[PDB]
Amino acid sequence: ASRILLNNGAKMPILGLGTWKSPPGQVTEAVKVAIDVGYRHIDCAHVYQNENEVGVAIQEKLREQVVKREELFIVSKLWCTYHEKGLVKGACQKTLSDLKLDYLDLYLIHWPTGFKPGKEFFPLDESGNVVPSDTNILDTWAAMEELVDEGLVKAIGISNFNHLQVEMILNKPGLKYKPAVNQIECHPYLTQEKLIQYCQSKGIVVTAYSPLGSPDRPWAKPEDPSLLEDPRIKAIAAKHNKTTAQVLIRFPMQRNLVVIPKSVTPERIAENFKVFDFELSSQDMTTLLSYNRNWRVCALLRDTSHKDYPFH
Ligand SMILES: NC(=O)c1ccc[n+]([C@@H]2O[C@H](COP(=O)([O-])OP(=O)(O)OC[C@H]3O[C@@H](n4cnc5c(N)ncnc54)[C@H](OP(=O)(O)O)[C@@H]3O)[C@@H](O)[C@H]2O)c1
Ligand SMILES: O=C(O)Cc1nn(Cc2nc3cc(C(F)(F)F)ccc3s2)c(=O)c2ccccc12
């Protein structure tokens with residue numbers, strides 16, 4: 001099936017297009033191509049600094065009647081400098097204005113860590129420490145719930161939340177809406193079996209980010225493990241006459257995850273969508289899982305003192 005049922009009653013496409021690092025001058029066309037090819041889910045964020053350009057693409061394809069707004073599943077995220085109760089709606093509205101939408105299908109707390117509000121995404125003190133905010137995730141969550149009740153977003157969720165942090169939301173006094181989604185890093189070198197079982201058991205859908213290992217992340221090193229070039233994964237792909245990226249996308253799909261590979265390359269945007277015509281075997285799946293190295297690609301601030309750092 002192409003969509004998975006969320007705990008808010010809505011269906012979410014299990015394949016979406018990532019937009020982190022997609023240059024502002026390239027992402028409009030990337031998203032137009034993605035919609036032409038059949039993508040219906042776009043993963044966005046204010047912090048990606050390209051929501052205006054994404055929104056241009058969405059608007060043109062709505063205009064062209066290639067798609068209807070109800071068929072689209074548009075996701076964005078609340079950046080760390082806006083965890084304060086009084087700033088959340090403003091943040092959402094800015095995202096909505098840039099995307100040129102009147103609602104979001106899903107809005108996530110991007111990271112559990114709140115940062116000092118200001119123009120800066122990563123406000124630091126004179127020593128280079130990130131300056132935290134004194135807001136806790138449970139009041140942030142209340143503010144996310146208001147957005148549902150105001151009609152700005154159809155669903156709310158979390159991202160980069162660990163087991164204990166998800167549990168705190170679930171156990172919030174006066175919890176009104178459960179998180180629909182936890183969007184986390186997930187691929188064969190970081191399989192996250194425990195976290196995914198815990199979320200899925202609570203009816204929380206998991207989205208796998210960086211499914212190709214984010215080879216374009218700015219802090220990558222040439223020496224780094226490479227999923228795309230792992231000969232073992234190469235082998236499985238060849239067995240199925242698919243590419244290694246297609247296997248890497250199909251893999252979380254069969255774990256009942258949502259997955260959001262990023263590309264601005266039209267041929268890859270198309271290739272990445274052609275993952276509904278083959279099946280990995282249970283053995284292929286277990287073998288892929290066996291490659292876990294607990295290797296996390298996307299996380300800076302590893303030495304942060306932030307009380308809500310999720311990866312200790
Ligand atoms: N919640 C959060 O904190 C968080 C964190 C990280 C990521 N995410 C989301 O998840 C999305 C995906 O993760 P990601 O951007 O980190 O990386 P990713 O999707 O794992 O990999 C992106 C890299 O793969 C290349 N690529 C794409 N398709 C390919 C193919 N078929 N063959 C070979 N190379 C291919 C892309 O190149 P080209 O673009 O040049 O084609 C780009 O360099 C993000 O864009 C963002 O939407 C969320
Ligand atoms: O965010 C994206 O989607 C991708 C993403 N990841 N990272 C790595 C990060 N490492 C963090 C560590 C913490 C911490 F928990 F330590 F405080 C908090 C927040 C972050 S962001 C970035 O630095 C970043 C910068 C601009 C746009 C996107 C990103």
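Heads up: numbering here begins at 1 and tracks the sequence. First listed ligand is number 1; within each ligand, the first listed atom is number 1. If you check the header, you will see the structure was determined by X-ray crystallography, 1.6 Å.
According to the PDB, the drug at ligand 2 is zopolrestat. Most heavy-atom contacts to zopolrestat in this structure come from the chain listed in UniProt as Aldo-keto reductase family 1 member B1. In this structure, residues within 4.0 Å of zopolrestat (heavy atoms) are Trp20, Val47, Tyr48, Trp79, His110, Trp111, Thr113, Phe115, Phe122, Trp219, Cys298, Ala299, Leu300, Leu301, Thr304, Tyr309, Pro310. Listed by atom number, the atoms of zopolrestat under 4.0 Å from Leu301 heavy atoms are 12 (C), 13 (C), 14 (C), 16 (F), 17 (F).
From the protein, the heavy atom lying nearest to atom 6 (N) of zopolrestat is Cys298 SG, 3.5 Å.
Considering only non-hydrogen protein atoms, atom 26 (C) of zopolrestat sits nearest to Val47 CG2, 4.2 Å. Checking the UniProt active-site residues of chain A against zopolrestat, the nearest by heavy atoms (to 1 Å) is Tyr48, 3 Å.
In chain A, UniProt NADP(+)-binding residues less than 4.0 Å from zopolrestat by heavy-atom distance: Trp219. Contact atoms of zopolrestat toward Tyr309: 15 (F), 16 (F) (distance under 4.0 Å to a heavy atom of the residue). Of all atoms in zopolrestat, listed by their number and element, those nearer than 4.0 Å to a heavy atom of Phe115 are 17 (F), 18 (C).
Within a heavy-atom distance under 4.0 Å, zopolrestat reaches the following UniProt substrate-binding residues of chain A: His110. Of the protein's heavy atoms, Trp111 CZ2, 3.7 Å lies nearest to atom 9 (C) of zopolrestat. Looking only at heavy atoms of the protein, atom 12 (C) of zopolrestat is closest to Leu300 O, 3.4 Å. With hydrogens left out, the protein atom closest to atom 28 (C) of zopolrestat is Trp20 NE1, 3.2 Å, a heavy atom.
For zopolrestat, the atoms lying closer than 4.0 Å to a non-hydrogen atom of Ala299 are 10 (N). Less than 4.0 angstrom separates some heavy atom of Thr304 from each of these atoms of zopolrestat: 16 (F). Residue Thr113 has no N or O atom closer than 3.5 Å to an N or O atom of zopolrestat. Zopolrestat places these atoms under 4.0 Å from at least one heavy atom of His110: 1 (O), 2 (C), 3 (O). Zopolrestat places these atoms under 4.0 Å from at least one heavy atom of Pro310: 15 (F).
Shortest contact from atom 23 (O) of zopolrestat to any protein heavy atom: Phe122 CZ, 3.5 Å.
For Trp219, no nitrogen or oxygen atom sits less than 3.5 Å from a nitrogen or oxygen atom of zopolrestat, counting backbone and side chain alike.
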What short N/O contacts, under 3.5 Å, does zopolrestat make with the protein, listed by atom pair and distance?
{"from": "zopolrestat", "atom 1": "1 (O)", "to": "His110", "atom 2": "NE2", "distance (Å)": "3.0"}
{"from": "zopolrestat", "atom 1": "1 (O)", "to": "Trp111", "atom 2": "NE1", "distance (Å)": "3.0"}
{"from": "zopolrestat", "atom 1": "3 (O)", "to": "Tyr48", "atom 2": "OH", "distance (Å)": "2.8"}
{"from": "zopolrestat", "atom 1": "3 (O)", "to": "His110", "atom 2": "NE2", "distance (Å)": "2.6"}
{"from": "zopolrestat", "atom 1": "10 (N)", "to": "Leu300", "atom 2": "N", "distance (Å)": "3.1"}

